[PDB]
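Throughout, chain A uses the PDB entry numbering, with the displayed residues spanning 144-483 in order. Order of appearance sets the numbers: ligands from 1, and atoms from 1 within every ligand. According to its header, this structure was worked out by X-ray crystallography, 2.0 Å.
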Amino acid sequence: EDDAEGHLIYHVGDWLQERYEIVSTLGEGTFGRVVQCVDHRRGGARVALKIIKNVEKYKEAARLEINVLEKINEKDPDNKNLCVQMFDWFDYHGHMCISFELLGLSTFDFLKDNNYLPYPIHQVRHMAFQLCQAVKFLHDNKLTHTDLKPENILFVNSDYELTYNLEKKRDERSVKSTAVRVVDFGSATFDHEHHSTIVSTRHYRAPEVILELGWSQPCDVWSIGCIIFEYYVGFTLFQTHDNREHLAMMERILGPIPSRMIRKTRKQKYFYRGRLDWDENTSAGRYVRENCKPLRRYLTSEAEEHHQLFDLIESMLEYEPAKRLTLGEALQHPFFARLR
Ligand SMILES: O=C(O)c1ccc2c(c1)nc(Nc1cccc(Cl)c1)c1ccncc12
C-alpha cells in the first residue's frame, strides 16, 4: 500500500517484518517518514524507523547511507562518538527501512518551539563541543558529512524546563540535557568516493563549494561555524538563496575573499577587476548592509567567554579550506575550557 507520492501507507498498530509495531509518527520529509516503533525482537525497545519512499533513486541513496551507517557502527562499537546508531535495515517491498536509536527533537525544532530565542552560552559550549567530536570521528574515518545543519543534530532527550530571561523579559524553554547526536548520513561521502559538485544546504555551504574549487573535510567545519553562530543568536548567519549575494554577505561579515580563491575559480561571472563584482550602493547592496554586519558585532556580551566563542567561530569561517581550523584543533580551543 503506497500513496500517489510513493510513501508507505500505515496505521498505528501495524507490524512490519513481524517485528516492528508502529506507535506514532515522529516526522515526515521529501524522502520518507520516521516512525516510532516497538522492536519486538529487541525486548520491546523503542526505535525510530526511517521508512524511505518507494522511489528508485531514494532507494539507491539509502543503500549508500546504510554503508556509511555500517562504517560508523563498526568504528564505534562502544557508541562513544556521538553519531546516530543504526540498529537494523531492510528492504520492505521497495521501501528501504532503517531502524535508529530513539532520540528527541532536533536543535532546530527546539529553537523554533522556543520562538527562536538562542541557546544560552553554556549550552552552546556543550552542543558545539559534541558537534565537533562527532564530526571529528567522521573526518578521522575518511568521511565528510556535507549536510550539517541544526535540523540534522538531535537532542538525545529534548525534555525542558521554563526559565526566565531577565534581559529579554520573557520565559524561555531550557533543555534539561544538552546531549546531542548527528543524524542523516544520506549525503556523507568517503574520500575515495565520487563527490557531488554542489553539497550542503545553502545557508551552511562553504565558499570553496560555491566557487567549485574542490571540497573535502574542511567544508564540514564551515557548516559547523555557521551552526554555532545560529545557536548563539538564534537566526541563520547567511540568509540568502543567491550565489553572488551569498558571496557579498561573506565579504560584509568576514572581510574580502582571498585573491587566490578569486584567481582560481571558474566562477568568473561573480568577479570584476580581481574582486567581487558587487555594488554596495544599489538596493541589493543596501539589503546586505542592513541585514548583516561584521561577525564580532553579533556579540551580546563583552565578557571574555563570549569573545572566546567568536574566536572559534571566526577560525571556523576561514575562507581558505586548507588554512581552516580542523576539528582536532577545535576540540582544544579555549572556548571549551569551562566544560567538564
Ligand atoms: O536520517 C536520520 O539519520 C535520522 C535518524 C534518527 C532520527 C531522525 C532521522 N529523525 C527524527 N525525527 C524527525 C523529525 C522531523 C522530520 C523527520 Cl523525517 C524525522 C528522529 C526522531 C526521534 N529519534 C530519531 C530520529
Which of Targretin, progesterone, laninamivir, silmitasertib is the drug or drug candidate present at ligand 1? silmitasertib
Which chain contacts silmitasertib (ligand 1) the most here, in the terms used by the PDB entry? Dual specificity protein kinase CLK2
Could you tell me if any non-hydrogen atom of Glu244 lies under 4.0 Å from any atom of silmitasertib (ligand 1)? yes
Closest protein heavy atom to atom 8 (C) of silmitasertib (ligand 1), given as residue, atom name and distance to 0.1 Å: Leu297 CD1, 4.1 Å
Starting from atom 24 (C) of silmitasertib (ligand 1), locate the nearest protein heavy atom and write down its residue, its atom name and how far away it is, to 0.1 Å. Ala191 CB, 3.4 Å
For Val326, take its heavy atoms, then give the atoms of silmitasertib (ligand 1) lying under 4.0 Å from any of them. 2 (C), 3 (O), 4 (C), 5 (C)
Starting from atom 18 (Cl) of silmitasertib (ligand 1), which protein heavy atom do you reach first, and at what distance in Å? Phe174 CZ, 3.2 Å
Do silmitasertib (ligand 1) and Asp327 have nitrogen or oxygen atoms that lie under 3.5 Å from each other? yes
List the source species for chain A given in this PDB entry. Homo sapiens
What atoms of silmitasertib (ligand 1) come closer than 4.0 angstrom to any heavy atom of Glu171? 16 (C), 17 (C), 18 (Cl)
At less than 4.0 angstrom from any non-hydrogen atom of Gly170, what atoms of silmitasertib (ligand 1) do you find? 15 (C), 16 (C), 17 (C), 18 (Cl), 19 (C)
Which residue owns the protein heavy atom closest to atom 21 (C) of silmitasertib (ligand 1), what's the atom, and how far is it? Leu169 CD1, 3.8 Å
Give yes or no for whether the N/O distance cutoff of 3.5 Å, strictly under, is met between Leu246 and silmitasertib (ligand 1). yes
Taking both backbone and side-chain atoms of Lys193, is any N or O found less than 3.5 Å from an N or O belonging to silmitasertib (ligand 1)? yes
Which UniProt-annotated domain of chain A makes up the bulk of the interface with silmitasertib (ligand 1)? Protein kinase
